[PDB]
Asker: 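Here is a complex structure; among its components: darunavir.
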Protein chains: 2
Amino acid sequence: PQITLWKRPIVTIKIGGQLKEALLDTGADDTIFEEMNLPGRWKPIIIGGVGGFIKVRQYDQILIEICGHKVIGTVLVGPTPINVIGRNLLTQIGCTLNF
Amino acid sequence: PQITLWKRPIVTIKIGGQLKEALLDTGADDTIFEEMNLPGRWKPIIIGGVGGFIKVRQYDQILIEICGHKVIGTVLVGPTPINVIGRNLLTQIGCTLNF
Ligand SMILES: CC(C)CN(C[C@@H](O)[C@H](Cc1ccccc1)NC(=O)O[C@H]1CO[C@H]2OCC[C@H]21)S(=O)(=O)c1ccc(N)cc1
């Protein structure tokens, strides 16, 4: 699909058996999700944004289905104000900016 | 241009007679720039992102040239770690996500 930006480019995704919505964020190097029940081991991680830093848990090789497109990559889980699909996963679906 | 996302989608822009680099950020509703003494009046504003909120100065109807494309819109000035072109200006150059 081609997505214009008059509204937030929020898409439907499937992750860890749960249904969720996430923001296609080209400004996000990596994917981050609000608190959620993922399986497996994880490592504490500290990320940064406009307002400062938050502590999150990094999970690797996580299967996501982004708007019917499957991808496997790192997914951080922590106190983000919204679920964000970062460039680490956008590249796998072949996402591009156009103008 | 069509921009892939293996690298940060950073473009060269002209603002207030100054040259700067900024991130094409579909996750940003509005444009935010590091400190710069733009001319004119402004109104205090508080925005929020990952890690909390920051206080910024809001200027309206500011001319930016994004990759040689002129646009006029709101530009926030404050302690952001990186210049971000938000959706308020991306729509004016017709920027879209494609995959
Ligand atoms: C919560 C986000 C969806 C909103 N943000 C845009 C987003 O692209 C920021 C923009 C951004 C970019 C660099 C530094 C700070 C903020 N990226 C970001 O927070 O990235 C962090 C979370 O995922 C990781 O990816 C790399 C950094 C981590 S935001 O910078 O806070 C923002 C909010 C409101 C406006 N008007 C403009 C920008």
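Chain identifiers are assigned alphabetically from A in the order in which the sequence lines are presented. By the PDB entry numbering, chain A shows 1-99, in order. To match the PDB entry, the residue numbers of chain B are left as they are there, and the shown ones run 1-99. As the structure lists them, so they are numbered: ligands from 1, and atoms in each ligand from 1. Side chains are part of it too, since the values below use all heavy atoms of this structure and drop only hydrogens, waters and symmetry mates.
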Asker: Per the PDB entry, what is the name of the chain that shares the largest number of close contacts with darunavir?
Answerer: Protease
Asker: Which chain letters belong to other chains having any non-hydrogen atom below 4.0 Å from darunavir?
Answerer: A, B
Asker: Taking heavy atoms under 4.0 Å, what residues and nucleotides bind darunavir?
Answerer: A/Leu23, A/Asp25, A/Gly27, A/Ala28, A/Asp29, A/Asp30, A/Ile47, A/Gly48, A/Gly49, A/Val50, A/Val84, B/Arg8, B/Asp25, B/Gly27, B/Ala28, B/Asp29, B/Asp30, B/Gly48, B/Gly49, B/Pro81, B/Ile82
Asker: Check each atom of darunavir against the heavy atoms of B/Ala28 and keep those under 4.0 Å away; list them by number with element.
Answerer: 6 (C), 37 (C), 38 (C)
Asker: Taking 4.0 angstrom as the limit and counting only heavy atoms of B/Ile82, give me the atoms of darunavir inside it, by number and element.
Answerer: 12 (C), 13 (C), 14 (C)
Asker: Under 3.5 Å between any N/O of A/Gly27 and any N/O of darunavir: does that happen in this structure?
Answerer: yes
Asker: Which darunavir atoms are under 4.0 Å away from a heavy-atom of A/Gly48?
Answerer: 21 (C), 27 (C), 28 (C)
Asker: Which atoms of darunavir are found less than 4.0 Å from any heavy atom of B/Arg8?
Answerer: 13 (C)
Asker: Heavy-atom contacts with B/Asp30 under 4.0 Å: which atoms of darunavir show up? List them by number with element.
Answerer: 35 (C), 36 (N), 37 (C)
Asker: With respect to A/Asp29, determine whether any N or O atom, backbone or side chain, lies less than 3.5 Å from an N or O atom of darunavir.
Answerer: yes
Asker: Can you pull out the closest protein heavy atom to atom 19 (O) of darunavir? Residue, atom name and distance to 0.1 Å, please.
Answerer: B/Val50 CB, 4.1 Å
Asker: Could you check atom 22 (C) of darunavir against the protein and tell me its nearest heavy-atom contact, residue, atom and distance included?
Answerer: A/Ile47 CD1, 3.9 Å
Asker: Tell me the protein heavy atom at minimum distance from atom 8 (O) of darunavir, and give that distance in Å.
Answerer: B/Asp25 OD2, 2.3 Å
Asker: By number and element, which atoms of darunavir are closer than 4.0 Å to a non-hydrogen atom of B/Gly49?
Answerer: 31 (O)
Asker: Near A/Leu23, which atoms of darunavir are under 4.0 Å from a heavy atom of that residue?
Answerer: 3 (C)
Asker: Using a strict cut-off of 4.0 Å, indicate which atoms of darunavir neighbour a heavy atom of B/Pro81.
Answerer: 14 (C), 15 (C)
Asker: Looking only at distances, please establish whether an N/O atom of darunavir is found under 3.5 Å from an N/O atom of A/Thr80.
Answerer: no
